[PDB]
Amino acid sequence: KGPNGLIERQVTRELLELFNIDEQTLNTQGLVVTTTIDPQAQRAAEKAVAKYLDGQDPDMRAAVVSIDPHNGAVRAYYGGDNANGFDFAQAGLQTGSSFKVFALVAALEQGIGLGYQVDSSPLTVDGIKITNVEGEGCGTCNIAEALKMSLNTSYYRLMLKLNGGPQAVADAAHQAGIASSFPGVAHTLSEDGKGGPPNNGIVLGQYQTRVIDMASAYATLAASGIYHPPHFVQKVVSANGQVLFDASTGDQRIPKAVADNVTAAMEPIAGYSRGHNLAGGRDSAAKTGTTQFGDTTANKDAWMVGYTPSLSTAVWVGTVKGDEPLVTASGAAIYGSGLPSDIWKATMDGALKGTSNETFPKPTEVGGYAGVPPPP
Ligand SMILES: *C(=O)[C@@H](NC(=O)COc1ccccc1)[C@@H]1N[C@@H](C(=O)O)C(C)(C)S1
């Protein structure tokens, strides 16, 4: 029964909203529902999760959501293997560095382009020490290079340069499709939980977001800034044959030029992230994330989110209680470039198998730069 149970739960929820009925009224109707799920994508996601979590800690969990950027359709959805258990694709989770892309959106919207040079040295902000993993830096480098290398220090400085600071990062993320609320969280990306501003940790993905939100927001990027609400229901026909709903019969949230520049910055990242380029030379745009466990040196959540123009997939790996460092069976720390990228690549390759390779739209000038500056 498994992963399809969690899909069914989301379909039911959506039908309830669509028809404004309770579940008993729905169940007795005998509706014939066509979902958006693509079996080929779904099978690829399920296989990838099984493969990469095999032999790992039995407390390890994963979630995968794949969305069609053309229309918001949910093509693959793995929230867990228990139909009657917890849906990890709906859980509020810290995103870590995968959230940096929204700071880049915000920057580009203000005319700060990919070639903007930022210092990567360590700094302290609001009394919190900001550093990069293994003290990595670039001296001073552009914000496209700092995204690829995932420099915390550079992205903190970039956020502070924005008009609105962390609020501008929240605005961009919300505009991209990070939902404003979900169950658990009445006001997302809000320190006071009431709609007030986020604090500076937003750029390092310290707020809770769902895996579905990340897939959807990156879908907006994949669609050159056009947002479509995510949905699971394609068509509904009555038991006796009357069509009641058909999705086959968007909103420019982010400017095309901005979104296409963000894409350009993200293009090298699947490969940079321990060689997770998609099969058959297929281009992609991606971003990893890895959160800290407490104040320890170990990891808590690991992410890979990335897209082609035809599919946006978010993957999270963590543990069931979210209270233990995240490691492999051999003791190795799990980063975004590890198991989540293995799952992401396998899901993407599988879901897109048999389709021709797409190229991304050529970016036009934003902040004085069109695409990633060529290096010296
Ligand atoms: C974003 O996720 C960044 N993550 C970190 O800096 C992790 O920080 C700590 C983790 C454990 C203990 C102390 C600090 C950068 N992005 C990551 C990614 O997966 O893209 C990274 C590992 C490359 S660093």
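The residues of chain A that appear here are 249-497, 502-628 by the PDB entry count, in order. Keep in mind that the numbers below use all heavy atoms, side chains included, and drop hydrogens, waters and symmetry copies. Just so you know, ligand 1 is whichever comes first in the structure, and atom 1 is the first atom listed for that ligand.
What binds ligand 1 most in this entry is, by the naming of the PDB entry, Penicillin-binding protein 1A. The drug observed at ligand 1 carries the PDB name penicillin V (bound form).
With a non-hydrogen cut-off of 4.0 Å, the residues around penicillin V (bound form, ligand 1) amount to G344, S345, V381, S398, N400, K539, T540, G541, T542, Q544, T548, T549, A550, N551, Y587, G588. Of the polar atoms of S398, at least one N or O is found under 3.5 Å from an N or O of penicillin V (bound form, ligand 1), judged by distance alone. Within penicillin V (bound form, ligand 1), counting atoms from 1 as listed, the ones closer than 4.0 Å to a heavy atom of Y587 are 22 (C).
Nearest protein heavy-atom contact of atom 6 (O) of penicillin V (bound form, ligand 1) is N400 ND2, 3.1 Å. With hydrogens left out, the protein atom closest to atom 11 (C) of penicillin V (bound form, ligand 1) is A550 O, 3.2 Å, a heavy atom.
Close N/O approach between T540 and penicillin V (bound form, ligand 1) is found [any backbone or side-chain N/O within under 3.5 Å]. At least one N or O atom of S345, backbone or side chain, sits closer than 3.5 Å to an N or O atom of penicillin V (bound form, ligand 1).
Covalent status of penicillin V (bound form, ligand 1): bonded to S345 OG. Taking distance alone, with nitrogen or oxygen atoms compared against 3.5 Å, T543 stays at or beyond that limit from penicillin V (bound form, ligand 1).
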